[PDB]
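Overview of a structure with naltrexone.
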Amino acid sequence: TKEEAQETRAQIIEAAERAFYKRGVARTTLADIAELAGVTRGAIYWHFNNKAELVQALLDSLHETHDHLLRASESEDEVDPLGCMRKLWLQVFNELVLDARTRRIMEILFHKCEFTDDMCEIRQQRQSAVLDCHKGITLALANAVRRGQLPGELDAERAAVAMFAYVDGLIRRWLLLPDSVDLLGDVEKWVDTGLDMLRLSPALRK
Amino acid sequence: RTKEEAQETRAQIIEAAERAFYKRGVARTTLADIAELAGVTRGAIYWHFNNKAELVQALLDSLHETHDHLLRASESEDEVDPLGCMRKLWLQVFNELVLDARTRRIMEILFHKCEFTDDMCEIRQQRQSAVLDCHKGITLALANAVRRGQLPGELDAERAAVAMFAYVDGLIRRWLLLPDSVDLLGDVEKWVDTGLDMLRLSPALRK
Ligand SMILES: O=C1CC[C@@]2(O)[C@@H]3Cc4ccc(O)c5c4[C@]2(CCN3CC2CC2)[C@@H]1O5
Ligand SMILES: O=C1CC[C@@]2(O)[C@@H]3Cc4ccc(O)c5c4[C@]2(CCN3CC2CC2)[C@@H]1O5
Ligand SMILES: O=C1CC[C@@]2(O)[C@@H]3Cc4ccc(O)c5c4[C@]2(CCN3CC2CC2)[C@@H]1O5
Ligand SMILES: O=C1CC[C@@]2(O)[C@@H]3Cc4ccc(O)c5c4[C@]2(CCN3CC2CC2)[C@@H]1O5
Ligand SMILES: [Mg+2]
Ligand SMILES: [Mg+2]
């Protein structure tokens, strides 16, 4: 049955989040996740080959809320690629602080997920996700340069690395020390600080 | 002598813990495993460390020594060029990461092979303490540079410290995950200056 299968996969993913958040990925097994989800008869193995597929599902689930702002910032036909990128990072930070699911998937991926040789797909799939995002940020920065919103001589690739590094570090800083960063109250200041680096730093120019 | 032999054995244990944590991760590695790798008895390893968290803290603490003279130079009110010492500090941070196998392996362990779990809550708390401490230091050096006129007078030192640390921390982990994406050694001056340019030119980082 169609709906029941998606029914069950969502139960498993939701239970996987609870299990990974409590006990970490390394020591959690699929059998333990099936126990939390209330699924039996090997159902979990029909939806996932291994834990890495479950981790990838959680990582893929983050790309959904922002799909439209990603598309807009990457499109050559977009009139305001820089403004759309600003709206994107504003949404990324807002969802992190406001959404329990997002914050806790990211906490799982960043602080409860080990890169090991017996589970090499986790690091490899993290490399691919970061690389994919870098391509998107680089392309959106190149659209802003062409629109006259960023320096004509900007090194879009290095500026994409710089922006990602800043956003990445800020998120992890808020996850580790929520009290230290009023990410929600000053979200615009935090987004503009990184954008300002791309706009003004002479080091980021070719 | 007792002291010399114990310090010798402690170093063997720490070195073997790096090899064990790096290969199998912190969560599934036991002190018994580390003892076998280090070639010491289980009683020996348990004399030096009560649990796995204490060993992780040992690695986490060793990172502070190499930079200890440059962070205190930028932190000193009497430093004539605090902004300059900060630049040399971050240059040295990135230089050691790329050149030093040990520092790279430890940071890879701490950032990518060590889970925050209720089963070992000391890990997260020690990371919280280390970041909070570094934040204070960075805030000191930024206020000195502002007072010395090297940074904007109306700069929010607290937020600027956060932003600089976020950039450096994010860059480190990007190079750890994708080394060929960041020539962190040949362009090290560019990568440091990019973040310093952020604190010095961003109108958002001002009150
Ligand atoms: O972080 C890292 C960095 C180093 C490694 O990347 C590489 C291969 C690999 C593959 C998958 C992993 O999860 C993982 C590794 C690591 C295990 C050891 N290797 C080194 C050998 C390819 C040369 C580890 O953890
Ligand atoms: O791999 C990835 C894929 C997607 C992301 O790259 C970006 C921003 C970001 C910044 C730092 C991370 O460690 C991290 C992310 C990710 C979290 C959220 N995303 C924003 C864009 C997907 C909308 C994640 O994990
Ligand atoms: O990131 C975090 C933030 C939240 C927690 O900090 C605290 C206690 C704790 C202790 C050690 C951890 O490794 C760890 C946690 C967390 C697990 C449970 N929480 C208790 C409070 C959320 C109710 C987690 O991961
Ligand atoms: O990546 C890094 C590189 C530099 C540090 O490693 C060391 C000590 C430390 C300990 C735990 C961290 O999470 C952390 C750090 C860092 C914070 C402070 N440092 C001292 C070195 C700046 C002189 C940071 O972030
Ligand atoms: Mg979402
Ligand atoms: Mg050192």
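In what follows, every chain begins at residue 1, and chains take the letters A, B, ... in the order their sequences are listed. Counting starts at 1 for both ligands and their atoms, following the listed order.
All instances of naltrexone are found at ligands 1, 2, 3 and 4.
Here, the main chain in contact with naltrexone (ligand 3) is recorded in the PDB entry as HTH-type transcriptional regulator TtgR. Counting only heavy atoms under 4.0 Å, the other chains near naltrexone (ligand 3) are A, B. Distance screen at 4.0 Å: atom 2 (C) of naltrexone (ligand 3) has a protein heavy-atom neighbour inside the cut-off.
Within a 4.0 Å radius of atom 19 (N) of naltrexone (ligand 3), the protein has no heavy atom. Remark: distances from the non-hydrogen atoms of A:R103 to naltrexone (ligand 3) include one below 4.0 Å.
For atom 22 (C) of naltrexone (ligand 3), the closest non-hydrogen atom on the protein side is A:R104 NH2, 4.1 Å. At a 4.0 Å heavy-atom cut-off, naltrexone (ligand 3) does not touch A:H111 at all.
Among all non-hydrogen protein atoms, the one lying nearest atom 15 (C) of naltrexone (ligand 3) is B:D118 OD1, 3.7 Å.
Scanning the protein heavy atoms around atom 25 (O) of naltrexone (ligand 3), the nearest turns out to be A:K112 NZ, 3.1 Å. For atom 10 (C) of naltrexone (ligand 3), the protein comes within 4.0 Å by at least one heavy atom. This entry records no covalent attachment of naltrexone (ligand 3) to a chain. For naltrexone (ligand 3), the residues with any heavy atom closer than 4.0 Å are A:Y21, A:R103, A:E107, A:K112, B:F116, B:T117, B:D118, B:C121, B:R124.
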